[PDB]
**Student:** 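Sending over a structure with belzutifan; questions below.
The first sequence line is chain A, the next is chain B, and the lettering continues from there. Shown for chain A, in order and in the PDB entry numbering: 30-40, 45-75, 86-149, 162-203, 217-359. Just so it is clear, chain B uses the PDB entry numbers, and the residues here are 101-142, 158-230, 257-270, 302-316, 334-345, 360-464, in order. Looking at the header, which is where the method is noted, we find X-ray crystallography, 2.8 Å. As the structure lists them, so they are numbered: ligands from 1, and atoms in each ligand from 1.
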Amino acid sequence: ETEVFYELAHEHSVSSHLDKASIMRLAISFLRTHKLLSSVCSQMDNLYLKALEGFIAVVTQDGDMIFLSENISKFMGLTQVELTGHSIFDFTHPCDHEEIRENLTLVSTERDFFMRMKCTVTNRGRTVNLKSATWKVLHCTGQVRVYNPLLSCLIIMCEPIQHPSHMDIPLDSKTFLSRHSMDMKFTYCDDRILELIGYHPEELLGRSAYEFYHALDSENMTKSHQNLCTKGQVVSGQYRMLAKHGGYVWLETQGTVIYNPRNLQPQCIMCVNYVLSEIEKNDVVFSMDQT
Amino acid sequence: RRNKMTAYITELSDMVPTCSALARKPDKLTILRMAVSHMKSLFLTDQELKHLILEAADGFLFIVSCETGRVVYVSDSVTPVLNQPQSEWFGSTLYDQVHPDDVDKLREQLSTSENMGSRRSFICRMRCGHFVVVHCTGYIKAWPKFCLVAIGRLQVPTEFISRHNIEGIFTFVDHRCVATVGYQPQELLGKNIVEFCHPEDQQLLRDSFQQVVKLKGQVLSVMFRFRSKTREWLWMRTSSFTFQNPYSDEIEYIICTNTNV
Ligand SMILES: CS(=O)(=O)c1ccc(Oc2cc(F)cc(C#N)c2)c2c1[C@H](O)[C@H](F)[C@@H]2F
């Protein structure tokens, strides 16, 4: 009989009943994952994935998500069982696909990019169905590996970027928010900037953020803006902002395109800015502004 | 559409050497029973997911006390991420393992006043070998008083660079200019670059500045005599190009790499 199709111990109140391809896809995917894990390798299985602010994904060169961590649900809504064994392209924005394809290939193995993935969870923290599929930007950082006709894998950690409006995470004294126009000019900034970088918000309003970028950084910062506009969210790399009276502070910024919800239009870019350093080289004057 | 289930079973058999250890696939029902034995035989394993996370993000797990910061536990991935034995981390406090100017963000995040199972996500500089930037995400669990459980992941003078308005005024100079032309940065900022140009070469540089603007986005390299602080005409290869806003395309500044020739 087909009671063995009710009997596959897959890594247990969910190994009991599964529907159609769920039993098999999961199993083939598990064994392929173990095959890679042998290649990589050489209790506390609940702390690791409750500390992460993202999920782990092992995706093959064909594009198969042979492994998805158990927490994908907390960030994506879609379950590990709904997706394991399925193709990355069936759950990612099509206009991102080619990028994903060149990140799956082959010789630096490090990978850092941004993709858009289907999401059936909602802001309050309650799940929804697949017709109700929003796009969530994931920062994906990992390695592509060769393992065994050698195969090839992409082990990535996929983190969501918190929406500036909605966040239950402790905000630091070293984090401050700024609002900008599409022309990258400040339209608002926090009171803390003075305490941290030395500037009053009044003297930045109307000033484009390119005025304050250290000249070595501003092109890597346009590329990050050209990806926040293409994809709606971004994490910058570490950058230098000239301080009010000499020097520069180090920053990392999570950017988010904000849409006017009445006309569905791009209104502003909200930027959560993280101060990583104190003023460095205050003895050195870089700009005309700081004189 | 029946292919899917068939390929599935040939794929299943192709994934195990003891299913390639037969002349042919056993009965489809028998194949399901055959695999059930292999699946039970041996991915929730702690040790596997730790290495998956070190693979993906190059990060380690650690638990410190909120009250003192003492590292109650550190996983062994601290050695590959920070070149620091667990000897150094275990039996110590995270404060002495991070940059001195970060101990404050550290206490702020380690606070238990307002937030238990609360989340944490900060960035600090941890000592290695020098400090490295570390993204730290975690939560707070009961010690058995309070404890942060968290993952920390690692992540990625011959000339001087200047920025100018299209007029030619230096609106930015990097610190290297003292060793190339002898001027302190403030002695250049606010002045025009033609001021330091030999009067003979002045129209050459003056023409390049208009050309770089019309030749938008593109580099050209004029060569002029630059007046030092020590007053001596020094040949100077200035390669300039236009930088423009990626949205409005309005020219933000001219970028010049002044290289002594
Ligand atoms: C690339 S980003 O992280 O999103 C970013 C990061 C920083 C941005 O502006 C800022 C904000 C700030 F606090 C200091 C600086 C500097 N220097 C620039 C901006 C962005 C966006 O460009 C947005 F348009 C704006 F230009």
**Student:** Just trying to sort out this structure - which chain has the greatest number of contacts to belzutifan, name per UniProt?
**Tutor:** Endothelial PAS domain-containing protein 1
**Student:** Counting heavy atoms under 4.0 Å, which other chains neighbour belzutifan?
**Tutor:** A
**Student:** Which organism does the entry credit as the source of chain A?
**Tutor:** Mus musculus
**Student:** Taking heavy atoms and a cut-off of 4.0 Å, what residues surround belzutifan?
**Tutor:** A:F244, A:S246, A:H248, A:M252, A:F254, A:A277, A:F280, A:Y281, A:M289, A:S292, A:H293, A:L296, A:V302, A:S304, A:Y307, A:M309, A:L319, A:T321, A:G323, A:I337, A:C339, A:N341
